[PDB]
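Structure of estrone in complex with 17-beta-hydroxysteroid dehydrogenase type 1.
Lettering: A, B, C, ... assigned in the same order as the sequence lines. Chain A is numbered as in the PDB entry; the shown residues are, in order, 1-190, 198-285. Chain B is numbered as in the PDB entry; shown residues: 1-190, 198-285, in order. One-based numbering, in listed order, for ligands and for the atoms of each.
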There are 2 protein chains.
Amino acid sequence: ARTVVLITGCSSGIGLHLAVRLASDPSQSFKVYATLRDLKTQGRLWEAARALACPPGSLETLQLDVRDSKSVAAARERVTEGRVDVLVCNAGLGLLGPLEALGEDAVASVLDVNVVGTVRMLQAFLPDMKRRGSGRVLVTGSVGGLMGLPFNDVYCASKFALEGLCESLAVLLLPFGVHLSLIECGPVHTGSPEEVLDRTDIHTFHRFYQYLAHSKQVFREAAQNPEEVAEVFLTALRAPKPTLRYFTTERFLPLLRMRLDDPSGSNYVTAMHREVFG
Amino acid sequence: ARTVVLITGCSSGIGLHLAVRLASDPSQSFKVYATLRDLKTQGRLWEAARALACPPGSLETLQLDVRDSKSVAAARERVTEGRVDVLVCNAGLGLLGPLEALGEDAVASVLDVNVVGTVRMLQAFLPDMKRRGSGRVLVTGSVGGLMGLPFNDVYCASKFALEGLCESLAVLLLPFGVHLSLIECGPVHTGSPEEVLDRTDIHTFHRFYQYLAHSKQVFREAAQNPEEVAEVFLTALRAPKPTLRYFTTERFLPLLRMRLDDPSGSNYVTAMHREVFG
Ligand SMILES: C[C@]12CC[C@@H]3c4ccc(O)cc4CC[C@H]3[C@@H]1CCC2=O
Ligand SMILES: C[C@]12CC[C@@H]3c4ccc(O)cc4CC[C@H]3[C@@H]1CCC2=O
């Protein structure tokens, strides 16, 4: 009896690498349903699967668009084993820009995919885990769900929302035998400028391209290998008493300690403004 | 001139009390635009205003539905002074129940009002504040945005979301001279059991009714009057250097410190489960 894993957002990045890590595991103890918003994007997954020699039957692909609870439901029905031992809620969108330049539809989509989409997944799959008295739920988290990042206001809103959702659930789930964990990632190796200028003031326009310069520098320095990140998910699964959070890096725990010394919140604001804008 | 204050969610509660507290101020320092989802519900606001003899012109009402960017824009345009000195984003919904028993449309509506609605407000009013280089924004927060609360998973998601949104913006806004503050409230005074069971499970059912009983007791002991809450808003807007957060109560400091001592979340999840479920 293999451990049945279902993962959202497997076309690229963390989801792709986790899927093939699990499916290729030497023990052959995982059966992986790697789900993608659009099945047409599955090529890279299968290329990576072959590169790691995933055994026949260890990896299957399903269409699962987390905006659509019928898509969620149909994917659940395709789990031939009739159970999910490990649910990985990884699908997510970023959104980068001055707040007032972001389209109202882009803002709503980020919330719908990142927050409501995770709700849809939990509504579909949590009940059977709770009834059975076992199951692991791993949710891809972000440093941006723990501290605010300029020009990522809506992304951060959505990642903070997941902290609140997951923590609230973890309090109830504590003695159910069902274990929810957030995997907190920093950076990971995986509008037009007219529009931005038209939709904001000149000072914000400047600060945005200052931010983009500083963000490329930090990304070059701090972007983790996706294999290293995937392995933290595996560690959380190995744990017999998994914690609510795991961190893929200690790089930001100083900021997190400092942030939480100051209940007023303004020391963080000052420090992060200085770190980003010099 | 007077300080121009625009407040959302003024039909009742915190919004109503703050609107009339500012408009009835003996010094007549404030011109208040009190906004309501539906203008037809303004009767109680005007009764409270007349009860405090709010002078003519100190208080004006507009319809403003935070779900509709056209409503937000139409309200902004009615501000005859052509500026807002203090914006109060107070409009909000609650949602209580086992996650899997909640309708997806109800979940979506909470995030749309509480989170996207606040984004719409900020998108419409920040640009003028940034351009003129001054402005204050006060946002109704919750201790449920700082720590997760069982059976309030979506409400907490939305309150955490406002933490991330506001913190991210505050980093950018420091050198613009536009100040953002969250007013962190504790509790505030304002399906069928077989349906709950059928949609969940035997353990969840027991915990839910345990939660409800315990919650009823905490509301009796700890819930604050909207007037007391309104007074904390007044302090924040009068602060020469306003901080990111103001707390209406110190009652939850212990659980809050429990949370921040242990970033893994273990100490908090255990402590909160013990607090709620005994
Ligand atoms: C804002 C930031 C640069 C950009 C990083 C970044 C970039 C992309 C991303 O998906 C996540 C993150 C999280 C950390 C962010 C940094 C923290 C300190 C700093 O200067
Ligand atoms: C969960 C809780 C009851 C419900 C409270 C509650 C309810 C509604 C709300 O808007 C805020 C809060 C904040 C504190 C919450 C309590 C902490 C300890 C406890 O037993």
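Lab note: other chains with heavy atoms under 4.0 Å from estrone (ligand 1) -> A. Residues in other chains coming within 4.0 Å of estrone (ligand 1) by heavy atoms are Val143(A), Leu149(A), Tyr218(A), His221(A), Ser222(A), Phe259(A), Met279(A), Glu282(A), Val283(A).
Less than 4.0 angstrom separates atom 18 (C) of estrone (ligand 1) from at least one non-hydrogen atom of the protein. Using a 4.0 Å cut-off to heavy atoms of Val283(A), the atoms of estrone (ligand 1) that qualify are 20 (O). Per the entry, the organism of origin for chain A is Homo sapiens.
For atom 13 (C) of estrone (ligand 1), a protein heavy-atom neighbour is found at a distance under 4.0 Å.
Set against the non-hydrogen atoms of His221(A), the atoms of estrone (ligand 1) under 4.0 Å away are 20 (O). When each atom of estrone (ligand 1) is checked for a heavy atom of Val143(A) under 4.0 Å away, the hits are 13 (C), 14 (C).
Using a 4.0 Å threshold on non-hydrogen atoms, atom 8 (C) of estrone (ligand 1) does not count as touching the protein. Relative to estrone (ligand 1), the closest UniProt active-site residue in chain A and its heavy-atom distance to 1 Å are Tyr155(A), 5 Å. Proximity to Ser222(A) (heavy-atom distance under 4.0 Å) selects the following atoms of estrone (ligand 1): 4 (C).
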